[PDB]
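Next up: a structure with carfilzomib (bound form).
Each chain gets a letter, A, B and so on, in the order its sequence line appears, and its residues count up from 1. Contacts here are counted within a displayed part of the entry, not across the full deposit. Order of listing sets the numbers, starting from 1, for every ligand and every atom in it. Computation of the quantities below employed the complete heavy-atom set of this structure, encompassing side-chain atoms and omitting hydrogens, waters and symmetry-equivalent molecules.
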Amino acid sequence: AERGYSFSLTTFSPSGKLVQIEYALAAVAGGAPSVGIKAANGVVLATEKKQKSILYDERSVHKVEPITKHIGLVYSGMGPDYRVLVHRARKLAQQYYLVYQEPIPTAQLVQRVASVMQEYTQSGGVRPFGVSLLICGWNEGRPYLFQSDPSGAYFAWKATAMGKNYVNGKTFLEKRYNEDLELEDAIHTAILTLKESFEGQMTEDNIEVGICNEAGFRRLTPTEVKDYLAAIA
Amino acid sequence: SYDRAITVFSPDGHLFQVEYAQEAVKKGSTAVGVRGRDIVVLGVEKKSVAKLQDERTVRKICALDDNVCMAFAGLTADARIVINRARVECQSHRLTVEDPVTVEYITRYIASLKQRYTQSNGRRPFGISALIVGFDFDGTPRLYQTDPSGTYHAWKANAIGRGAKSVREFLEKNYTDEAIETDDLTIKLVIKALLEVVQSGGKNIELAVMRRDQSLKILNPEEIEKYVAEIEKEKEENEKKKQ
Amino acid sequence: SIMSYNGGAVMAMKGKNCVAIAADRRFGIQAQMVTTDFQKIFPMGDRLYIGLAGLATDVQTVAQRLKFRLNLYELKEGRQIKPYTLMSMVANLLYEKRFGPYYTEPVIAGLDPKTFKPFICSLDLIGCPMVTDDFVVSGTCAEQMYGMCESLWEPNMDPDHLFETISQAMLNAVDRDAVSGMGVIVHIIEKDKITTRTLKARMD
Amino acid sequence: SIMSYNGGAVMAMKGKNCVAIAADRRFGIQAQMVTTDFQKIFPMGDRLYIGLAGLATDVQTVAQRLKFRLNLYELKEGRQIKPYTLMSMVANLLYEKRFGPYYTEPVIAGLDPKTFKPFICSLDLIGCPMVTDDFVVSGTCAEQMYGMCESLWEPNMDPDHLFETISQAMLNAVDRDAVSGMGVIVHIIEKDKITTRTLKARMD
Amino acid sequence: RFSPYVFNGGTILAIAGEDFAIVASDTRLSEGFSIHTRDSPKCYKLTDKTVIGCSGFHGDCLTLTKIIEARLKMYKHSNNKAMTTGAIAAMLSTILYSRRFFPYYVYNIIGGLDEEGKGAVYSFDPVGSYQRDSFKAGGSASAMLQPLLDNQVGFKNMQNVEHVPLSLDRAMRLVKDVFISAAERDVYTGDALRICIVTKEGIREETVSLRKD
Amino acid sequence: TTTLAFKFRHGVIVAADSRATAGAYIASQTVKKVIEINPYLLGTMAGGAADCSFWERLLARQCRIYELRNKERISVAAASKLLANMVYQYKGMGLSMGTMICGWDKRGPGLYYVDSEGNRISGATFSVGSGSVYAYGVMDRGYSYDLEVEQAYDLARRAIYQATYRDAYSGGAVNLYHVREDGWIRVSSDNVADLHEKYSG
Amino acid sequence: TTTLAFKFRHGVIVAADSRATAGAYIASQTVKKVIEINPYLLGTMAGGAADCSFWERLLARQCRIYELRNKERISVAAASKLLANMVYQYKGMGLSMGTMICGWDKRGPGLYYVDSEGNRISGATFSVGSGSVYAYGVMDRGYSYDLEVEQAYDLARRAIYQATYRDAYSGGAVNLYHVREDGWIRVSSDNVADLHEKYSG
Amino acid sequence: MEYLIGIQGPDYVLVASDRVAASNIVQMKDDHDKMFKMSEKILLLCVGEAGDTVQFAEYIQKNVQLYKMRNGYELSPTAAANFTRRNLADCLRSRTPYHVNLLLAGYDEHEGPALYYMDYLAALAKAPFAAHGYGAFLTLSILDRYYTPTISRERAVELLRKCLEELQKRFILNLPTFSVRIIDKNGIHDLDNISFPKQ
Amino acid sequence: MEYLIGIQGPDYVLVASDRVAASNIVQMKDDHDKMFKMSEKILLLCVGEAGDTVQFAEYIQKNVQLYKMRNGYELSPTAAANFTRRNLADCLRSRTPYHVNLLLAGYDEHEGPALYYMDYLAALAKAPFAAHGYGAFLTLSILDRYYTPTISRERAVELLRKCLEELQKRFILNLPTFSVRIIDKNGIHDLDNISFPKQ
Ligand SMILES: *[C@](O)([C@H](C)CO)[C@H](CC(C)C)NC(=O)[C@H](Cc1ccccc1)NC(=O)[C@H](CC(C)C)NC(=O)[C@H](CCc1ccccc1)NC(=O)CN1CCOCC1
Ligand SMILES: CC(C)C[C@H](NC(=O)[C@H](CCc1ccccc1)NC(=O)CN1CCOCC1)C(=O)N[C@@H](Cc1ccccc1)C(=O)N[C@@H](CC(C)C)[C@@H](O)[C@H](C)CO
């Protein structure tokens, strides 16, 4: 037999801090780094997909996930929590589509998923998610890049980074990148800003990249990543 | 749901949560009320005059029905809850019974509600006390007082909240048959009692009166200033020519 | 028939860069007329109108709940609603009552708020959408309206020919039905303006 | 039930050399009483009575047509009618309407005009005869009458005990029925005389 | 479709005397045009002071009986006293009305002694309407039994007769008589008559015989 | 339908609409609902179209044969009684028919209401049809035996008009006849669309 | 059933028969159709016996609890409203029940009619039951607010009597109660058989 | 819906009926007459179905008149009553039954005043007083309460007034005016219509 | 069967109802009131089913009063009308639907006089004048014939009299007296009951 704890596991400290959310962010700023860049004609998501053994099959589990035909996801933090959030996001998108017969605006999906994440900072007997999400999309002509943190808050980004060394990556993007870039250029500076932390020979299997132009969202093949990771092409 | 015992007994036989709620009532703005022959008056103290705040939206005196009015002391939000539930009950009584409502009845309802919140799982006692005032059919003017515990009584005159013992003592020493023999005299008694604890003003005092088969009437600061002028005049024509 | 209890007629027509929507004005109970100024066309935003024919109560109720969801939509999202989107919204709203349906057959007419592309559709009482390029009708005199529309409608009509066409269609269809009429109202909507007229009609 | 429309009660009892026949006096339509002096017992000659309970119209009609045929019989033949003969006559008359029957259940009580031998019978609405040596009942309160008769009736009763018996039976049966009553009439007939009495009864 | 009711016949009678109470019934259980059993009394002993008669649909009779038993026990456990007759009457009323929209097809007559030792009858309808009587009949042959008792016990429609109170003996013979007469006309009444007499001494059971046709 | 007829000092006024429906569908708006039985006898017409037409036509035939046989004109009472008797033999068979027999008689102005149900009553004013109630309203509020001719015309015409306004199954055109001692006269036949302009502004 | 109640200067007169039928069969003639709710509150009883008895008994319970809770006696209006509200929740389920709530209130003599249908109306006089029309006749022909006590008794008793005379489902014995300011009093209980002798000769 | 009433005195019969001919929700006639002169001393008050009333009543009437012409003397009220009852009863189980309730008032040179009551099922019953229609349910009891076999025609008219006033009070139907006639040794006499100045 | 009527003037609303509470064939009350005060300037005229009328009407009433107590100001006639219409429409497809036809009269400090009409199906429609019941079928046309948007309250009362008199003439139901009230800037005013001295 089982029921559940009906009381919040996330409360205010005397200073006024929702401590569990901050600890969740501590979990976030500890996972593999992820960069996202909006580029006028598209969006790029990139992450360190560095396994831990030659025994691992990197072509089975992915960090860059599609929500629909036009929206994509990467993350920083805990894998399982991310997986849960992906399933939920996909479901939300399908609900929106069933109701309106129109692909869900990226901002809307972001808001809804953010509400879902917000629930786990107040609902009973649960901890917040140890995950920050980068959500890319192509709606109404314009490209979109969003971030959502464990508190359920969300921000719109031109470009950003999360995970380990997210500060150095943020300054890097702030300097060595700007608007009017093409998708190719954005991918380039994305793998470049990922290289600013990737301790090791960054192969085509060490990182994962997904793109989202006005032709839909998709994950880049290891071959295309190889072409890009030749410091050119 | 939240099935947790909040209000429980202490080894000395106390209900700490209820006592704490009473202490929350003690921090509230003073609220006094007196019962007269053909009028009944309720007045509330320290209204936290910021002069940038709309006075109307923060009144501590609320009407429950055409028959009954009520003032409070303590947590204002809780008071909003209790007041609304009381109004709803006042209407439901008319729905199930053709007759309106007696002051005693709605008082008993409020009290029962508070007590229910002192003995229910997952909840927490209302941090308010209430002075309920009315003129039920038969003409008899009545004033009651409630408590977070759920206890309720009838009074000739009473006070709650910030400085309640002082005004209670004052009213004890000043409640006569000579005083409150006329409407203006009863109102003046309320104003005096309030002035005996308020930070000396008149712009800090909100007073309202119910009379006979009429509706509830709130006093404008002009009329309050007039009654306070007459009170400050009677304090210099009967207390200056003898001291 | 339940639909025939109140009666009424609603029509929508397509134009060049304009669109039209018309409806009779009679509110009656079976055979008696109660009101001659009953609104059956409601604006769901600038340059987007809906027209409900059928059981008066469900007309008003569907209109109101639709305005509810619409307002919430245009609040959650920072935009006006697209015609297709509104259509799907109505479809969903109606189909939620699949086994206890509102007795009304809505007709949507408007212009794409981003573009200007004209749009007309109609729906079931259970919310099955149907988009057309010429006309859509719904009401107790649907056959008459079909009769007029199939013979009067031309493709690229200017805002003046469209008015005359939809007006003649409505008037002459309605005049062969006993429970539709007591006046006709026409909204002709274009990118720049909206023109609302009440026609000279029979009142019997 | 059609029989219960007017209500009523008819009873006949046998005696030593006498016979008895009684009936209530209420003419009512369903629940309302119209008359308190309604005749339900008719003389079909000296020392021979018939009593009809059921639908008032068919009571009167059957009585009248029976008197028709009876008169014709006593004219064609130079004699008064025998009880058995009258019974067969009624049976025939009723059965002629086998598939559209009169709604009345007749009860015949009399003395043999030649002898004096007492006689009581009853019939269906379709005319099935039933002769008894004690009592016969017909009406809306037949079960009550059976109840009284089965407990009060004795064999060789004198013209005074018979009266008391049939009177108590009728009164107490009728007083447990809502559509029977408003007075009881009793005919006690013997060779020498006929005694007609109306009892003191409840009128509610 | 399906009918949850079937009429099983049976007649029932109760008479209240000054110091006694008689509750009698036939013993025939039938269905349609057939006899289920000839040994099925409709009398049920509830307490030393109270006997109940239940006629009609046998399923509801059995059920209601067992319910009444159980609730008697409950009351006994709750108040440390036995249920008084009138109390059982009131309880039965509530129980019967509890199925106001799916009634027990049962005619109920309660016979016993009150708290002053005197006799009392309580007649019921299938949905709880009851009243106190000196004598009442119920069941199939009810309309055959009632009129005689109205005459003989109530002295109704009798001029210049004496109002002598009913003795136990005369009451007994009256019961036997009305049942014997009912067996003649009612097809649901027959086989045997069980009589239950209730006095300060307790409850006697007698068994007269009725015809078997 | 919405026919009405009332008798005053100067004869018998008869009025009707002209709408004919087959369900909610308006099949016609040009129906002559006032049948001209004789040059002195009129018959209004409401209910089943075929029923009314057939039976009143047959009534006209019968009245003509009566006129030839008795060398005199049939009375209003006799005509109404004739129609009533003919119709009564079909009672319960489903004839929907409610008519008014109007004329001038040896007893002066005559007006009878005859039902397919079996009614037959003489009276001052009468209104028959789906919109009869609405007509009854204004007609009763404006009737008098001392009405002048044009006033009576106005009253009848207006009553039928208001009737057409409220009753969904009444419309088309108000037709108006006047029955005088030397016979009846076809007073007017105004369309409702025009009467709207006349009465409103 | 056949009950009647009317209020005059000296309180509220209540009267009833006592017959109870199960079809045409008279099941009882000794039924108390005037339920004594409170020593100041009476409730007449017509229609379904079990329904009336149960619901008015429950009403009595509720009024008692009210009396204990509010430390005062329930008003006539409140009692009638209570019963009406209880009954309304079962509307359409087939409760046959028509009762009168009578008493003396802070507003003086009070009389209400309460239906199982959902009616609840105050009034001067009322008659409920199968024989209500017959009672209404004589009661209306003999009523006055300025009736003296014995006169009111005569009027009520006679009305119920005539009702029992015409109505086949009304009879037994006329019961009569009088509601005064200090409570009600059981006036009479005369059998109809005796009242016949009294009224006829 | 229609209302008939008859009150028999020692030497007279007083009869009254409503004057309303109504269909649907409207009164179509305010001077309708429900009485039929059949003899110089016999009135037939017929009420009920649409055409059945007038058809049946007129049939009976013309047959009575035919009797008078054929024989030189009129039918007695009793013979008349049984004639109508025979006709009505004969059509009861036929293809064309007449749904009519009726009263028959009459005066005989031998038997005096007489009042008869007839169900639509053709059940004939003589009575000192009777009434037809829903209004009867409100008036009969009154007639029970105040009628005496020796009542004078003035007192009878007053009683009738009590009844009609009761109709004005309790009955939901309009019924503003009433036809009132009396029958004695001098035949049928029309009385002033009992009416109530409503509007 | 019940009758309601409303006539809106330029600055007032005149409302009237019948005073009959009837069951079966008898009038059980001659002073029944069909109006419900909901605000100081709002009247609710409800009519129809047995308990549904009073239940629904009182529910709405107490809810409006609750609004007043909770907020310190009263609902506008329009807000009220849409509130009642919402409640009635919500119960339409439920287990407990209220079979009630209604009129809502009101005066707003901003929008002036207002009259509303409601089907039992909860179809709300504003009108210069309206009526409920069978009587409406006889009165509405009259209202069409004589009503003008600028009609004075005296003329409005006279028009109402024409309607009620027409009811006395054609309607088969009794309906002797009528409750009449008016609503303006000074709230609800009770007028003399239009009655017709029948009996
Ligand atoms: C009243 O109306 C006067 C007498 C007019 O009838 C009295 C008033 C009251 C308080 C006594 N009412 C009755 O007498 C009432 C008639 C009635 C019955 C049913 C519905 C509505 C009115 N009689 C009863 O209620 C009656 C009580 C007797 C005194 C025993 N009980 C019954 O008739 C039993 C059934 C009631 C019921 C059963 C199921 C659901 C709802 C209600 N009747 C039977 O059990 C036997 N029987 C079966 C076939 O014939 C009819 C009844
Ligand atoms: C084709 C039109 C012009 C005539 C119309 N006829 C018809 O409606 C015929 C009648 C067929 C029939 C069969 C068996 C028995 C009787 C009739 N029906 C059809 O033609 C076919 N339909 C099938 C489905 O839709 C409805 C009818 C009619 O009579 N309408 C009546 C109303 C009506 C009465 C009875 C039965 C059916 C309909 C009418 O207009 N009556 C007016 C007066 C007369 C003289 C025209 C008035 O009553 C006013 C206008 C209100 O309707």
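- In this structure, the main binding partner of carfilzomib (bound form, ligand 1), as named in UniProt, is Proteasome subunit beta type-5.
- Lab note: other chains with heavy atoms under 4.0 Å from carfilzomib (bound form, ligand 1) -> E, G.
- Counting heavy atoms under 4.0 Å, the binding site of carfilzomib (bound form, ligand 1) comprises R100(E), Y107(E), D125(E), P126(E), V127(E), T1(G), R19(G), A20(G), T21(G), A22(G), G23(G), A27(G), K33(G), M45(G), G47(G), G48(G), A49(G), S96(G), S130(G), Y169(G).
- In this PDB deposit, the label for chain E reads Proteasome subunit beta type-1.
- Counted by heavy atoms under 4.0 Å from carfilzomib (bound form, ligand 1), the UniProt bortezomib-binding residues of chain G that qualify: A49(G).
- Per the PDB record, the organism listed against chain G is Homo sapiens.
- The covalent attachment site of carfilzomib (bound form, ligand 1) is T1(G) OG1.
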